[PDB]
*Asks:* 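Below is a deposited model of Carbonic anhydrase 4 with ethoxzolamide as ligand.
Quick note: residue numbers are just sequence positions, from 1. The analysis underlying the following values was restricted to heavy atoms, covering all of them including side chains, and did not include hydrogens, waters or symmetry mates. For this deposited structure, the header notes the method as X-ray crystallography, 2.1 Å. Note that ligands are numbered from 1 as they come in the structure, with each ligand's atoms numbered from 1 the same way.
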Amino acid sequence: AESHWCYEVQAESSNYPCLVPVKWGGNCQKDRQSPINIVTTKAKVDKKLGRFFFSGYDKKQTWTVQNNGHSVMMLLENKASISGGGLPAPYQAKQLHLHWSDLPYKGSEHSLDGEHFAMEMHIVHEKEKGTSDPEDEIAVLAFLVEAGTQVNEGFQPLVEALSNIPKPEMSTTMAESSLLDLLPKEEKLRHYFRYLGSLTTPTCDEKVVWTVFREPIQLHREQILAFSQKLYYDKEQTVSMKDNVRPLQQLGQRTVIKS
Ligand SMILES: CCOc1ccc2nc(S(N)(=O)=O)sc2c1
Ligand SMILES: [Zn+2]
């Protein structure tokens with residue numbers, strides 16, 4: 001650890017040295033890493049991957065949201081959970097965050113058939129374990145975001161909050177909203193891809209069971225641009241927050257499955 005981990009854009013936009021992704025420490029150099037490209041036609045249908053059950057997702061809350069220096073993060077604090085989805089237990093929701101760029105064809109961490117989307121949103125959950133860490137301790141639900149002309153009203157509380165947290169270490173409270181406000185219609189979340197991998201920022205622990213839903217969130221171009229326009233990586237506000245994206249990792253001998 002010769003310097004703090006960063007994304008490539010930060011290294012390229014500032015003279016202050018930092019460890020770019022290919023140099024990350026932790027478990028970040030192991031072989032069951034994320035994100036990946038998904039060849040959709042090569043992922044086999046597994047019949048055990050049934051629908052999700054979301055709890056606390058429809059409930060209107062006033063969430064705390066913060067700039068942690070690499071993303072914007074909603075604190076979910078077990079106020080929501082999931083089950084089904086071929087998952088082996090209920091998982092409690094801890095936090096939601098995003099990765100993005102400022103061009104529509106990049107911004108997502110995962111790619112589907114070699115296409116990146118404009119953002120990727122991650123909802124991070126923790127396994128409810130029995131008595132005797134595992135490869136599926138954490139369940140991250142990934143939603144791809146497609147750029148368009150449709151104003152997503154569901155996202156407005158979040159997007160408005162961004163102006164209040166431009167620098168790292170800053171928190172604000174969002175206007176009343178639910179998690180379902182931010183997602184596609186529930187009936188469109190029956191199609192998803194599933195594989196085992198890692199966390200995409202250090203320490204990149206190989207303990208994530210990934211879900212990438214097929215159906216994108218639609219967000220207006222300028223609601224997407226609001227992220228890079230209002231947020232910074234640093235207190236000095238020299239680097240606008242964008243391209244907070246880990247490059248693609250090799251699948252190796254892992255298999256990807258779908259519903
Ligand atoms: C302090 C909590 O620790 C971490 C560390 C890395 C990390 N990556 C993700 S992501 N990008 O969803 O795969 S959630 C997460 C949480
Ligand atoms: Zn993430």
*Asks:* Tell me where in the structure to find ethoxzolamide, all copies included.
*Replies:* ligand 1
*Asks:* At a 4.0 Å heavy-atom threshold, which residues contact ethoxzolamide (ligand 1)?
*Replies:* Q95, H97, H99, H122, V124, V140, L199, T200, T201, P202, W210
*Asks:* For ethoxzolamide (ligand 1), which atoms have a heavy atom of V124 less than 4.0 angstrom away?
*Replies:* 12 (O), 14 (S)
*Asks:* State the other ligands and ions under 4.0 Å from ethoxzolamide (ligand 1); answer none if there are none.
*Replies:* ligand 2 (zinc ion)
*Asks:* Can you pull out the closest protein heavy atom to atom 7 (C) of ethoxzolamide (ligand 1)? Residue, atom name and distance to 0.1 Å, please.
*Replies:* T201 OG1, 3.3 Å
*Asks:* What protein heavy atom lies closest to atom 11 (N) of ethoxzolamide (ligand 1)? Include the residue and the distance to one decimal.
*Replies:* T200 OG1, 2.6 Å
*Asks:* Numbering the atoms of ethoxzolamide (ligand 1) from 1, which are under 4.0 Å from a heavy atom of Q95?
*Replies:* 14 (S)
*Asks:* Please list, in number order, the atoms of ethoxzolamide (ligand 1) under 4.0 Å from a heavy atom of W210.
*Replies:* 13 (O)
*Asks:* Which UniProt substrate-binding residues in chain A are reached by ethoxzolamide (ligand 1), meaning they have a heavy atom under 4.0 Å away?
*Replies:*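 Going by UniProt and heavy atoms, it's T200, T201.
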*Asks:* Hmm, which UniProt domain of chain A ends up with most residues touching ethoxzolamide (ligand 1), do you think?
*Replies:* Alpha-carbonic anhydrase
*Asks:* Please check atom 9 (C) of ethoxzolamide (ligand 1) for a protein heavy-atom neighbour under 4.0 Å.
*Replies:*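 Under the 4.0 Å cut-off, atom 9 (C) of ethoxzolamide (ligand 1) does have protein heavy-atom neighbours.
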*Asks:* Does ethoxzolamide (ligand 1) reach any of the residues UniProt lists as binding Zn(2+) in chain A within 4.0 Å (heavy atoms), and which are they?
*Replies:*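 Counting heavy atoms against the UniProt list, it comes to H97, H99, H122.
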*Asks:* Would you find the UniProt active-site residue of chain A that's nearest to ethoxzolamide (ligand 1) and tell me the heavy-atom distance to 1 Å?
*Replies:* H70, 7 Å
*Asks:* Please list the nearest protein heavy atom to atom 4 (C) of ethoxzolamide (ligand 1) with its residue and the distance rounded to 0.1 Å.
*Replies:*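 Sorting protein heavy atoms by distance from atom 4 (C) of ethoxzolamide (ligand 1) puts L199 CD1, 4.4 Å first.
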*Asks:* If you scan the protein for heavy atoms around atom 15 (C) of ethoxzolamide (ligand 1), do you find one that is closer than 4.0 Å?
*Replies:*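 Given the 4.0 Å cut-off, atom 15 (C) of ethoxzolamide (ligand 1) counts as touching protein heavy atoms.
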